[PDB]
Chemist: 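Pasting a structure here, questions to come.
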Amino acid sequence: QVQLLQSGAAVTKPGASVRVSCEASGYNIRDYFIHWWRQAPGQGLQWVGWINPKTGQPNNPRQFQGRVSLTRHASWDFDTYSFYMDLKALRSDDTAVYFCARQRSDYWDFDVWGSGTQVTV
Amino acid sequence: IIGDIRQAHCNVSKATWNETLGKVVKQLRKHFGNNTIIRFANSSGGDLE
Amino acid sequence: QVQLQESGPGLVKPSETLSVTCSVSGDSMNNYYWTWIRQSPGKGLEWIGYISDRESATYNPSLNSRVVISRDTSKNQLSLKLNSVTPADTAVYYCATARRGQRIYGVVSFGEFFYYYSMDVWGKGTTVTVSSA
Amino acid sequence: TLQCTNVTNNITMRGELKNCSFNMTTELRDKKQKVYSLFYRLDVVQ
Amino acid sequence: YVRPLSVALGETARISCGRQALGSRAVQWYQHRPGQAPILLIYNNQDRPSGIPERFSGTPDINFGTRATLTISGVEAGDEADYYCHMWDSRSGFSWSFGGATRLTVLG
Amino acid sequence: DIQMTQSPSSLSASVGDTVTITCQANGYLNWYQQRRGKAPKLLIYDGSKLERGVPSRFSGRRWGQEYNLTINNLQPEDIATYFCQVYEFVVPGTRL
Ligand SMILES: *[C@@H]1O[C@H](CO)[C@@H](O[C@@H]2O[C@H](CO)[C@@H](O[C@@H]3O[C@H](CO[C@H]4O[C@H](CO[C@H]5O[C@H](CO)[C@@H](O)[C@H](O)[C@@H]5O)[C@@H](O)[C@H](O[C@H]5O[C@H](CO)[C@@H](O)[C@H](O)[C@@H]5O)[C@@H]4O)[C@@H](O)[C@H](O[C@H]4O[C@H](CO)[C@@H](O)[C@H](O)[C@@H]4O[C@H]4O[C@H](CO)[C@@H](O)[C@H](O)[C@@H]4O[C@H]4O[C@H](CO)[C@@H](O)[C@H](O)[C@@H]4O)[C@@H]3O)[C@H](O)[C@H]2NC(C)=O)[C@H](O)[C@H]1NC(C)=O
Ligand SMILES: *[C@@H]1O[C@H](CO)[C@@H](O[C@@H]2O[C@H](CO)[C@@H](O[C@@H]3O[C@H](CO[C@H]4O[C@H](CO)[C@@H](O)[C@H](O)[C@@H]4O)[C@@H](O)[C@H](O[C@H]4O[C@H](CO)[C@@H](O)[C@H](O)[C@@H]4O)[C@@H]3O)[C@H](O)[C@H]2NC(C)=O)[C@H](O)[C@H]1NC(C)=O
Ligand SMILES: *[C@@H]1O[C@H](CO)[C@@H](O[C@@H]2O[C@H](CO)[C@@H](O)[C@H](O)[C@H]2NC(C)=O)[C@H](O)[C@H]1NC(C)=O
Ligand SMILES: *[C@@H]1O[C@H](CO)[C@@H](O[C@@H]2O[C@H](CO)[C@@H](O)[C@H](O)[C@H]2NC(C)=O)[C@H](O)[C@H]1NC(C)=O
Ligand SMILES: *[C@@H]1O[C@H](CO)[C@@H](O)[C@H](O)[C@H]1NC(C)=O
Ligand SMILES: *[C@@H]1O[C@H](CO)[C@@H](O)[C@H](O)[C@H]1NC(C)=O
Ligand SMILES: *[C@@H]1O[C@H](CO)[C@@H](O)[C@H](O)[C@H]1NC(C)=O
Ligand SMILES: *[C@@H]1O[C@H](CO)[C@@H](O)[C@H](O)[C@H]1NC(C)=O
Ligand SMILES: *[C@@H]1O[C@H](CO)[C@@H](O)[C@H](O)[C@H]1NC(C)=O
Ligand SMILES: *[C@@H]1O[C@H](CO)[C@@H](O)[C@H](O)[C@H]1NC(C)=O
């Protein structure tokens, strides 16, 4: 039942803005953080940041400040959410696939992931 | 509103704030390196609360 | 010490241009604002506009900007230009200065202040009459 | 539904307070009164 | 629209304009004889320029909730002029009109 | 501070043996299995604790600052990429 829906792929130009969605349905969303991961073709994973679903406060590394803006949206009955990820100005080396993890406990257990959204520039 | 239309604000002492923040950066270097650069930025987002 | 003295044409036809020139001596135009004041018999004083130092001309919105003024340092003369004179200007003009006073009532950093203008020294002035003869 | 107008004349914050008028229920529930109140910008949406 | 006022010799003249202040004010009092140039009397509610004797005084803007009154200690027969009230307010925006004139008349 | 080391860069051992990959890191450490073009899947967390849904042929243990992943009874569907994951630091894992 615990699933994280993933949005479809998108092709843009260098300088545009993208948006990747993530919908969590079958668990208690407000008690578990939602992280974002990105891996380039040929390399390993790379951390993008987390967002508190209760408050909305994001976190991002120094190499991503000013570009990525993590935003969540809750429904009226608070059973499903919509986690977004907007990039301000995509570079040429941003052609990668983005995931939607879920922190379970303090050991950072990402048990459930997303299907993945690959974007190119 | 009887009077002028003004904006609510708050005031802190700038001499006291640098003295207080100068002690937190001294105690923060015990859990990190001795020659690290400690910055202070504003909030990143969320709701207004 | 600044002295003001103006001279007008005196006679003006309807639907015709208008030019009243004011001569000022004693000091330059470095910190001195200038304005035009009109007074008709039967009513009070009427402010029509003023000129700043950086050539930013604003006028009275009740006249829908039918006048335009200018001034220069090479001639030390300021004048007024008016087109389509409605026959209601049977009045007397005044050439006076102005001072830019700042009234602060709140926080300066939030823009909680307003500017007020006061006419320190005035001029004698002359009157015009629109006649159909 | 409200009918909100601005309060501050000289624009620069112009738009923080709203002068909203609306139809409120009277203590006799067959008539209505037209009252007005001041609301902040964070409490109203278009 | 000019309003009359009759003040005899010996007493003081209390001129108050009809324009009310919706906040912090800084009024200007003028004196215009018919045919003569207008004379500035009071600016910033208390200040008198060079050429004004100790006859006129204005109410300061302290503890807002009061009115603007131009008091004249000593009436003179040569004061047959109009007294304007150029009200500058923080909430009324820019003031382009001088308001109304109070034609002070002296008896005797 | 977090320090990472990954010495088994590449190995292509056969089926039926017992292979082990190690990585030295301080703090909590989770193990993930990632296929080609698919999402990673958590196998074990906290070094030795097993996740529900993972078959019992996976096991791990720690001793100081050395975490091991024991792979016994290999399968034709158990060839993928494996990496150990500290909080925000993920090293590029190795393929079988
Ligand atoms: C958080 O922090 C922020 C700062 O970051 C705080 O914000 C500040 O907040 C205060 C109030 O909240 C604001 O103040 C008002 O300030 C104005 C301006 O003050 C200045 O200008 C005056 C005039 O300057 C003229 O003279 C100078 C030469 O001196 C000349 O260069 C210039 O061109 C001009 O011609 C100065 O006199 C005045 O000095 C004062 O400062 C001296 C030095 O500190 C001090 O020694 C003096 O004793 C005097 O205090 C200052 O530089 C004030 O004008 C204003 O006062 C008026 O308006 C309110 C409206 O309700 C009224 O109630 C007051 O009574 C006062 O009314 C007077 O002034 C009018 C104009 O002159 C006059 O028309 C009125 O009749 C009235 O006159 C009365 O009383 C005084 C008493 O001494 C008397 O001398 C007069 O003759 C007259 O009778 C307010 O005070 C700040 O602007 C603001 N920003 C800053 C500081 O950057 C905030 O408050 C903090 N919040 C908290 C919670 O802590
Ligand atoms: C934490 O600290 C940072 C940095 O100190 C603050 O950042 C700035 O945030 C403000 C508020 O959003 C930004 O201001 C505005 O920019 C928007 C987008 O920008 C264009 O214009 C700006 C210049 O204003 C350029 O820098 C930028 O590259 C874009 O070209 C505008 O849409 C906004 O317009 C709004 O204001 C106008 C009036 O000016 C209205 O008419 C509009 O309707 C609209 O309301 C505004 O101009 C600012 O650009 C940010 N700077 C940087 C460097 O990022 C954070 O705000 C702060 N956080 C908190 C919570 O305090
Ligand atoms: C209740 O009404 C508010 C007012 O519009 C809705 O809020 C906004 O949602 C739209 C659609 O995403 C955004 O474009 C606006 O920017 C939102 N407004 C604010 C102030 O954030 C809200 O979604 C409505 N509630 C529900 C459950 O739909
Ligand atoms: C309060 O209710 C009255 C009706 O009971 C509203 O008045 C009408 O508003 C419609 C809206 O277009 C107009 O067409 C009518 O001409 C109005 N009738 C009258 C008699 O005014 C009124 O607008 C309501 N108040 C508010 C603030 O909406
Ligand atoms: C705060 O106000 C008190 C008195 O109200 C004053 O003594 C103190 O100096 C003020 N502090 C600041 C930082 O304005
Ligand atoms: C804070 O104020 C003190 C005052 O002595 C100054 O030395 C210091 O550089 C200030 N800090 C910053 C970050 O500006
Ligand atoms: C860091 O600085 C402190 C000063 O209080 C010192 O005691 C400590 O030995 C320093 N650390 C190292 C590794 O030298
Ligand atoms: C109120 O002010 C805001 C900003 O100045 C403007 O966008 C809006 O149209 C104004 N509304 C009215 C009714 O004047
Ligand atoms: C981990 O495995 C290596 C060989 O792959 C072995 O040398 C080492 O002793 C093992 N460590 C533990 C703690 O089992
Ligand atoms: C912090 O977490 C690490 C494991 O990531 C653990 O070894 C350490 O004891 C923890 N610190 C505290 C104070 O609990």
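A note on names: the letters A, B, ... follow the listed sequences, proteins ahead of strands, and every chain is numbered from 1. Only a slice of the deposited entry appears, and the contacts counted are all within that slice. Because only heavy atoms are used, hydrogens play no part in the values below, and waters and symmetry mates are left out as well, while side chains stay in.
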Chemist: What's the drug at chains C and E called?
Modeler: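 It's listed as 10-1074.
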Chemist: What is the drug at chains A and F: 3BNC117, REGN10933, AZD3152?
Modeler: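 That would be 3BNC117.
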Chemist: Provide the name in the PDB entry for the chain that contacts 10-1074 most.
Modeler: Envelope glycoprotein gp120
Chemist: Give the letters of all other chains that come under 4.5 Å from 10-1074 at a heavy atom.
Modeler: B, D
Chemist: I'm curious which chain of 10-1074 racks up the most non-hydrogen pairs closer than 4.5 Å to chain B - any idea?
Modeler: chain C
Chemist: Help me out: what species does this PDB entry assign to chain B?
Modeler: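 In the entry, the organism is Human immunodeficiency virus 1.
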Chemist: What epitope on chain B corresponds to 10-1074 when contacts are heavy atoms under 4.5 Å?
Modeler: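 At the heavy-atom cut-off, the residues are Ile1(B), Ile2(B), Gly3(B), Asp4(B), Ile5(B), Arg6(B), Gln7(B), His9(B).
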Chemist: By chain and number, what are the paratope residues of 10-1074 relative to chain B with a heavy-atom cut-off of 4.5 Å?
Modeler: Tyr105(C), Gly106(C), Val107(C), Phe110(C), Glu112(C), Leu22(E), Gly23(E), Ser24(E), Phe64(E), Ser90(E), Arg91(E)
